[PDB]
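To start, the structure under review is shown below, and the notes come after it.
In what follows, every chain begins at residue 1, and chains take the letters A, B, ... in the order their sequences are listed. Whatever order the structure lists them in is the order used to number ligands and atoms, beginning at 1.
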Amino acid sequence: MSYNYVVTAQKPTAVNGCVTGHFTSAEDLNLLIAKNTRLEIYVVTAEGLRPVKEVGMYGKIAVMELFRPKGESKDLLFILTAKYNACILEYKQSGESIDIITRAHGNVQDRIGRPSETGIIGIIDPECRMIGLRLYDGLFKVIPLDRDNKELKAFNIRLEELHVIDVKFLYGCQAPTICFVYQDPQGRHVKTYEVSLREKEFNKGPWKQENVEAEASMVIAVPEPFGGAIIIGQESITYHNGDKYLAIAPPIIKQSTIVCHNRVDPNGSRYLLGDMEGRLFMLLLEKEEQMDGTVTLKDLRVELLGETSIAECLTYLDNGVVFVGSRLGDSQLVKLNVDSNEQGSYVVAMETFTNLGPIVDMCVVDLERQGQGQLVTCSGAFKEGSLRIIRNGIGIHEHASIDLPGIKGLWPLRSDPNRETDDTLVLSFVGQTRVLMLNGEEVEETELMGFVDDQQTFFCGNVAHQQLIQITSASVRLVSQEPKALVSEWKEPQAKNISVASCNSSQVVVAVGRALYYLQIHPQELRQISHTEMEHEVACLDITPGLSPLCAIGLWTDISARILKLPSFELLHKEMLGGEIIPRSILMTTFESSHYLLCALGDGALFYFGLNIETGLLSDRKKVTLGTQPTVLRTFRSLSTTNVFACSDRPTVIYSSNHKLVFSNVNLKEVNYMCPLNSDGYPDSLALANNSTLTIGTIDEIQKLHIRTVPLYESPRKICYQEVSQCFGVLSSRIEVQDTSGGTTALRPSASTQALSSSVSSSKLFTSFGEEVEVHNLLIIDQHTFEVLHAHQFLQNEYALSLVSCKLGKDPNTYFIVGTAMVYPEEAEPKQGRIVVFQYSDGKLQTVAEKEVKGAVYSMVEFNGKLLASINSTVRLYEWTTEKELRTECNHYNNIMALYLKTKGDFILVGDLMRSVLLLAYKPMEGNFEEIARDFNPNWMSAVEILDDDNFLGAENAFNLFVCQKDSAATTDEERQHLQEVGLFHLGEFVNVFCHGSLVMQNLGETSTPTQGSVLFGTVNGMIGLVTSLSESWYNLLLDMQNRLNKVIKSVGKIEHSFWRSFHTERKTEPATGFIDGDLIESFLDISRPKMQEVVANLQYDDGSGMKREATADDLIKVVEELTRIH
Amino acid sequence: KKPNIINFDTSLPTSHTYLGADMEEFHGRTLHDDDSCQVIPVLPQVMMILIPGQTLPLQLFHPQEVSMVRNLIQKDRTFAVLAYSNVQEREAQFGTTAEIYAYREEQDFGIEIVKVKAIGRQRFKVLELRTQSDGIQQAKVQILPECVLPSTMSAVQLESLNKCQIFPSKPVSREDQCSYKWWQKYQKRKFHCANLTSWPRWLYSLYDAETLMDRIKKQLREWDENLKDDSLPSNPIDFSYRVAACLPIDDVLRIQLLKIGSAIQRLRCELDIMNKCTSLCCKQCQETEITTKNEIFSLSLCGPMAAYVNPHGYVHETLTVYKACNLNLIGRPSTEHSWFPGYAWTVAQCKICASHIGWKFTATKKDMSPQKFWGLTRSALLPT
Ligand SMILES: N#Cc1ccc(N2CCN(Cc3ccc(COc4cccc5c4CN([C@H]4CCC(=O)NC4=O)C5=O)cc3)CC2)c(F)c1
Ligand SMILES: [Zn+2]
C-alpha cells in the first residue's frame, strides 16, 4: 500500500577500481573504470582520455580484471558482482553499433558460509588457466578457465588458515602457484601453495613458510625475470624468492601505511604506491646482478614522488601519466615528470574528475531562481572535504572549438553580400583588434582592410547602407562592405580617447570621458547628429532599437541609470538603485515581449527594470546574484524569441514566459565574453570566449546537472541554511597533532584557520607526542561568494553532532542551535553534552545561550517552535522562554538511543542504529509524548525519512531500502501498535541522508503529475536518488511494463533484474515489492522500434473508461517522458 | 575483602557431586531446525527463567514426571522450561529447551526418584499451552531464531583498507598501558571508514561486539578476580548468555534479555543494567541492604550465580558475597548436602522479616576461605 517509484538523478561518481589494457582492440589502450554499478571504457590518448562506453550493470562491481587467454586478439573482462554473480564479457563493435557480449555467466555463491572479514579477493592466473576467488573463510574457490566452461562451474579447495590477509598468483611457475599472508597466534606468516586442477587440491609450495612483519598488509607479485613476491608492511618492505631475500625499513613510509599499488613497467622494474593520506611512492627494483644470465634483485630503494588526492586505486597510463582514482576525494590525472621539481614535487595535475562522494549531509535551497531547487552537499573527507552545489542547467553542446589567448571581446562580422550568413568574427584583444574569417571550419585570421591590426576596438558590427563600421578609441571609421574599402571615418569631436561606444542600426552614441556624440548612419558618410556632456564619468552606454526613443548611461561614482533623448541631451528619466560599484554593463531588450532594461554591476549583481515602448519609465526593481565577476550582458537572436545571455563567473540565460523572467544557469564554468553566430558551419549558434579558450556551439535540453565546488580542506559534517542571514552554517573538523608543548598544532591551512573573523568557545560549565586530535568548528559561509565569513572553534574534547537553523518561540530572530558531547578517550559513553544557541548578525557570531545536558545530543529538530532534542536515549522538548533561555517541557524515556529524529506535523519518528523504528505523537492538550507504533528488527539502519503521515522510508543493511506503513484503520490494538512493512528494494548504495525537495521547477500545472511528493537521498558513492509516490493503477501499469521489459532488454552479464533488485541480506533475501525501478522504466526510451513493439502488446493502457487493448506505443512514450520530466 | 588466596579449585561447584557421583552421561548435542514448530513436553514444578547455556539440576519424585523423564530419554532427550512471567499459573509466552546430559535413577525409599542434570540449548515461543491428561503437558513450540550481525563497517568499507582489518593479538594479557593504548589504535584502525558515514567512531564502538564484551569483562574483573579466559567464550552469543545468566537481576529483566534476539543488543542491555545496578535488597522487605555491587565473587566457572537443588527437589539460584549484612544465623553449621565441596552451610534469615535469604558457608579445613561465604538466594532479593 506504498506504491513508490525510485529513480537515480545523478549516477555514482566515486571510483572503486580501474584497470588498463587492450580491451576494445589489440592496438588501442583502454582505461576501464568501475564507479559502482557503472563501467566506463575510455581510450588513452596524448591529449587525455576519450570516453567510449558507459554501461550499467545489475550489481556492484566487487572484482574486475582483464585477462587474455590463448587464441584471443583482445582482452576479456571478468567482473564479479557483490551478489556473487561472476561473468566474463567481451567487447564487440561493428562500425557504429557498440556491444558488450557476455562470454560466460554464473552465480558463484555458496549455500552456507560466512563471508570473509577481509572481503572478496579475485585473482587470475598469469598464464590464464584458472580464476581464484576468496569469498569465504577457509575456502578457496577455483573457476577453471576453459572454452566449454560457459556456466562458470567452480570447486572449493580447503584452506587450513582461516585468517588470510592477501593472496596472489606468482609469475614464472610451471604450474599455477599462489602466495599469501595469514595470521596465527604466533604472528603473521607467508606461505605458498601449488593449485592442481586435475587433483582439485593444493600441493607443496616452492618455498616454505617464512616469518614476516607483524603488520604485513599487501603482497605484490613481481613478474619475470625477478619472480617471487614483495610484502609491504607499515615499516618495512620485504622481497621473497625462496633462497633470495631482501628487507628494507625506509623512514619515509613510516608516516602512513600503503593501501594501493600498480606496476608501471612490463618487466616490473618500478612500482607505484599510494598510502592512506595520499602521497605517491615509487618502489624501485635494480637488476644490476647478472651472474650467468639470471637476473636477481639487489636493492629496494623507495622514492617519494609527491602528494595527490587520497587514492583508492592507482593506474599508470602511457607516457608518464597516472590516473589517481579517488573514492573519498576527486579523481585525478597527473604527470610523473622527473625533470620539473618545482619545489620538490615530481607530480603535476592535468585534469580533475568530479566526485560527489561521500555525501555526508545535503540541503535544498532556492539560491537563484525562486521555485527551482538547488542541492548543497557536504562531500569528501580529510583534505578533500568540500561544499558542492548541484543545479539543473541548460547545457551547451560545442560544435567547433578553437583555443584563444583570452579574448577580451568578440563580434560577428560579414565580408560577403547580404545573405543572412556571417562568415567572419572580429575579435578584440586588450589593444589589438584581430579579425578571423571562418566560412567553414577555418581558423586562419586575416586583418580587415577597414580596421587597423591594433586599435583597441569597441564595436564592430554591420553598418547601415551595406557597410561595416569598425570603431576604435581614436575615431569611428566605417568601411564599405562590398568594396571592402573605407568610405568614411569621423574623428572624435573632442579629439580624446573613446572608452565606451554603442552602435545601433541607424544611430550611434560614442562617449569619451564625460562627453558623448550622437551620429546618424549615412551612405558612405558619418553625419554627426548632436553632442552632449555628462555630469559624471560615462561608465557604460547602450542604444537598443532605427532610432531608439531613449539612451542608457551610468555614472562611475553616482552609479545611477540615466535615460535621455537619442538625438539630443534632453533627459527623460533617471533612477538610482544602490550604486555600490560602477555598473559593468547595461542593456535593454524585449525578451518578455515588452520593453525591459537590465543593469549589471561590478559585483555580478543584476537589477531589472521596466520601460515604455514609446516613452515612460517603470521600476520593476529586483536584485539578482548572477555571480562574483562582472557580467557582460548580450543578446542572441538564435533563441526562442530573444532571450538574454549573462556571461559572468556563473553564466545565466534569461528567459521570460509571460511576465516572470526565469534564469537558466548555463552548464559552464566561465564564459567571460559571449556573442551570437550565424556561420555556415554552425548556423544559429553562439560563440563563447572563455578565459582560457573559446568555442562555438548550440544549446541543449535541461538534461544536465552541474556541480560547482567549494574546497574547505577539512571534513564537513553537517550543513544548514539560514535565509534571513543569507548564510550557510556548516560543521567541520580538522586533524591536529599533539606536539610536545601542551598545544595542538595543525597539519595544513584549513577553512577554519583561514576565516575573516574567528572565535574560540569559552565556557566554564564543568596526550602522547604524535596523537591526532579532532578539532570541531562551526563555519558561517556566504551563500553568494562562498567565502568563510566566520569560524567558531569549540572547547577541547568536544564533538559537535547535530545542527539546526530555526527560530524558536515568539522571538523574531533565527538562531543556529548546535548539540555537542564531551567525549574522552578514557570513557566509552559520554556523560555530558551542551546545547549552544548562536545568532549570526553584523558579521559576528555571538553565543545567545548555553544549556548543559547529561549525555550526547545525537539529533535536534524544530518541533513547532519548540526544540526537540535526543539526549542519549531520552527525547526531550524545550521551550524558548522570553528571557532567551531553554526550558524543559516534556521527557520521554526509550530503550534505544534516538539517533534519528524526523517530524511531520505532530509525529516524531525515532530510530537507532539497530533498525528499531519507533513512532511517537505529541498530544498538546496534555503536553506529553505517547507511543503510537513500533517496529523492532535487528538490522543496521543508515537513515530514515517520513514520506507522509502513514508511510516511512528508510535504508538498511546490504544497501537496501524499505518502507513501513502503519494501519491506522485497524480494529485491533496489536496491529494498530505495529508498523507493517510494505516495501523492499535492493538499492545498491549506502544512503546517508534523506531530504524533502526537488531540483526541477515546482509547477502546480492544475492537473498536477501522477507522482506525489519527492524525497532525495545521498549515498556514499556520490549518487543522488529520488523517490516519489504513485497511485495503484500507475503502479500496476509500470510493474507490467517492467516485467515485459525484462524479457526484451538484454543486460550485460545476464543478471536477472528480479535477482538484482531483490531485498538482500546476509541472513535472508526476499523479492522487491512496492518499488518501481525508475532506471529500467527510463531505459525503455532507448530501445529500438521492433523491440518497442515487442514490449507493448496487451498492457490495457487506458484507465479513464475502457481499456483499448491495442495500447499503441506512443502512449507509453508519453507516460515515460512524463516520468522523465520529474528529475 | 579476601584477595590473593582464593584456594577452592573452582570447578567442583559446576560438577554437582552432591547430586550423585556415578552419574550416567550422554554423548553429545542436538539441533532443532530454525523457525519450525515442534512438540516438546513441559516438566512441571519448575519456576525459573533458564538462560541458554545454564546448567539446571533436578530431582524428580512423582511417578508421572519420572515416567516422563523415562520416555523422554528413550525418544530424544529434550524437554521445555517456560519463562514464567510475574503472574504464575502458566502465564508464559517465551522459554528455553533444556537438554539432558546426566542421568541416574534411585530405587531408595521405595520410590523411583530420578536425579537428572540438563543445560538449556535453544530459545523459543509458545503458541498455545496444550494440556495432556497424563499430567505432563506438551506445548507446540516455535524455535525463535538467533541473529548474528556482520561488522557495522562491512557495508561502508573501502576495498583497499580491507587487509588492514586483521589485528595482532592483544599484547600480553590483562595489563594496563596494554589495553588503554591498544584499544585506542584498535578503534582508530577498525572504524576508519566511519568518516564516510554521518557518525563518529566512538558511536560505532558503542555497537561493536569486541568492545562491549571488553567493557563487561573489565567491570566483572573489577568485581571478581577472573582468570582472563576463565571459560569466557569468544563468541558474542555465548558470552552474552553467560553474562545474562550471572547478573544478579530480577525476573522481568531476565525475561527482557530473553526477548532480545541479537547479541549486540543483549550486551548493551547488560551494560545498562550492571552500570545502573548498585544495591540488592530483600524482596520481602525492600528496606534492608544485605549486599552491594563491588562484593561479588565466583567459586564457579559459570560465574557468581548458579542453579542448585536441595534434597527436596526445589531449585535455587545462589549468589556469593564476602560479608553479608543484616542477616541472622540459626542452627549449627551442617554439611549433609552442601553444594560446595568443603564448606558447612548455616541458614541465614533477614534481620527483620526473617526470610530464607541464603546460607553462610563456614569452612572446615584451615587452608580455605575462613567462614566468609554468603550464598544468598533470589527468593527475596530485588535489585534496588
Ligand atoms: N515424594 C517424595 C520424596 C521421597 C524422598 C525424599 N527424600 C527425603 C529424605 N532426603 C534425605 C535428606 C533430607 C534432609 C537433609 C537435610 O538437608 C536439607 C533439608 C532441607 C532443606 C535443605 C537441606 C540442605 N539444604 C541446602 C543448604 C545449603 C547448602 O549448601 N546445601 C543444601 O543442600 C537445603 O536447602 C538431607 C538429606 C532425600 C529425599 C523426599 F524429600 C521426597
Ligand atoms: Zn527481609
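Going through daunorubicin, ziftomenib, tariquidar, mezigdomide, ouabain, the drug at ligand 1 turns out to be mezigdomide. Within 4.5 Å of mezigdomide, most heavy-atom pairs belong to the chain that UniProt identifies as Protein cereblon. At a heavy-atom cut-off of 4.0 Å, other chains contacting mezigdomide: B.
Measured on heavy atoms with a 4.0 Å cut-off, the binding site of mezigdomide is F61(B), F109(B), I111(B), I113(B), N310(B), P311(B), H312(B), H337(B), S338(B), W339(B), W345(B), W359(B), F361(B). For chain B, the UniProt (S)-thalidomide-binding residues having a heavy atom under 4.0 Å from mezigdomide consist of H337(B), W339(B), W345(B).
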